[PDB]
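Quick note on labels: first sequence line is chain A, next is B, and so on, each numbered from 1. Whatever order the structure lists them in is the order used to number ligands and atoms, beginning at 1. Every heavy atom of this structure was used, including side-chain atoms; hydrogens, water molecules and symmetry mates were not.
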Amino acid sequence: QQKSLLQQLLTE
Amino acid sequence: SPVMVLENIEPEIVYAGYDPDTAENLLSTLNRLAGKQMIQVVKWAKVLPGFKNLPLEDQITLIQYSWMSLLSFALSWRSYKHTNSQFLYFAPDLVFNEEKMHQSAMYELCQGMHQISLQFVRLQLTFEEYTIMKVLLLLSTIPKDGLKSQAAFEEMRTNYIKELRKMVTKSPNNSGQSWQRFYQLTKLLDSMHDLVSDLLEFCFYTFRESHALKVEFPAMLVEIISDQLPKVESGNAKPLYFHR
Ligand SMILES: C[C@]12C=CC(=O)C=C1CC[C@@H]1[C@@H]2[C@@H](O)C[C@@]2(C)[C@H]1C[C@H]1O[C@@H](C3CCCCC3)O[C@]12C(=O)CO
């Protein structure tokens, strides 16, 4: 439904 | 040599923020601690040689499969360094062992984690060995039908295994027993699959029955377990062994 915390941390 | 990089990128210690002294409050506190630790695990993996170059999808898959092995392994290291493995050093403000557990299942999970820590005392595990073994645990479980960049993963895994073997076998501290030691470290990594299987089964239960049991999970774990649980349940999880 939205970007995961795991994905956001890996791509920030 | 990734060993030099590994010492540099090592996460710092996080506090639990402990207190009512009940099972549901202990479990909720531990789960919230796991969420803080997970932030430092992801930042550690982000700047990890080899892993940093896999597709985003593969990086997510690997972290979701191995988050438990990473946290229980780091817990065993802290327990060893700070208490000589007498207690489980969850955080500086949350230190205990099996003797504080009254429920049979909770005692056994606590004991299983303590037994890994005691194996660090028996081996006199060094920081160098620990950091490579920690990387090998991130690369210990893959999807049944493999990853997107399966070959690149296999290359990086074989390289980390070789870095462990060369480091152990070439050290003068292990003369006369270096191969025996290497095989003890690889057996300890295989035995991590057995412990983690049990910690995950209790975790999946407390997650499914979270509301009924009053066991709280942070957002990081809610999202991770939500993706991991259907993969594990469907048999889409291939643990990689050294001696099995
Ligand atoms: C990841 C975890 C957190 C911080 C840490 O430093 C190390 C770990 C590894 C073990 C991780 C831990 C926490 O989430 C709590 C977990 C997930 C646990 C495994 C499960 O088992 C029980 C244990 C906790 C110790 C005493 C016996 C019961 O708690 C867990 C659970 O299911 C609660 O819902």
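Choosing among GSK-1292263, GSK690693, LY309887, desisobutyryl-ciclesonide for ligand 1 gives desisobutyryl-ciclesonide.
Going by contact count, the macromolecule most engaged with desisobutyryl-ciclesonide is what UniProt calls Mineralocorticoid receptor. Chains with a heavy atom under 4.0 Å from desisobutyryl-ciclesonide: B.
Within chain B, the UniProt domain with the largest share of residues touching desisobutyryl-ciclesonide is NR LBD.
If you check each of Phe202(B), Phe204(B), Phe207(B) against atom 31 (C) of desisobutyryl-ciclesonide, the one with the closest non-hydrogen atom is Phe202(B). Of the polar atoms of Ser72(B), none of the N or O atoms is found under 3.5 Å from an N or O of desisobutyryl-ciclesonide, judged by distance alone. The part of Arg78(B) lying near desisobutyryl-ciclesonide is the side chain, judged by heavy-atom distances below 4.0 Å.
With a 4.0 Å heavy-atom cut-off, desisobutyryl-ciclesonide is reached by the backbone of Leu30(B) and by its side chain too. Both criteria (UniProt progesterone-binding in chain B; heavy atom under 4.0 Å from desisobutyryl-ciclesonide) are met by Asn31(B), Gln37(B), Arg78(B), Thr206(B). Proximity to desisobutyryl-ciclesonide (heavy atom under 4.0 Å) is shown by these UniProt 21-hydroxyprogesterone-binding residues of chain B: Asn31(B), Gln37(B), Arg78(B), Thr206(B). Heavy atoms of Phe217(B) come nearer than 4.0 angstrom to desisobutyryl-ciclesonide in at least one pair. The residues of other chains having a heavy atom under 4.0 Å from desisobutyryl-ciclesonide are listed as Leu27(B), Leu30(B), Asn31(B), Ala34(B), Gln37(B), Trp67(B), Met68(B), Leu71(B), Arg78(B), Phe90(B), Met101(B), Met106(B), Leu109(B), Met113(B), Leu199(B), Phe202(B), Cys203(B), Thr206(B), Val215(B), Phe217(B).
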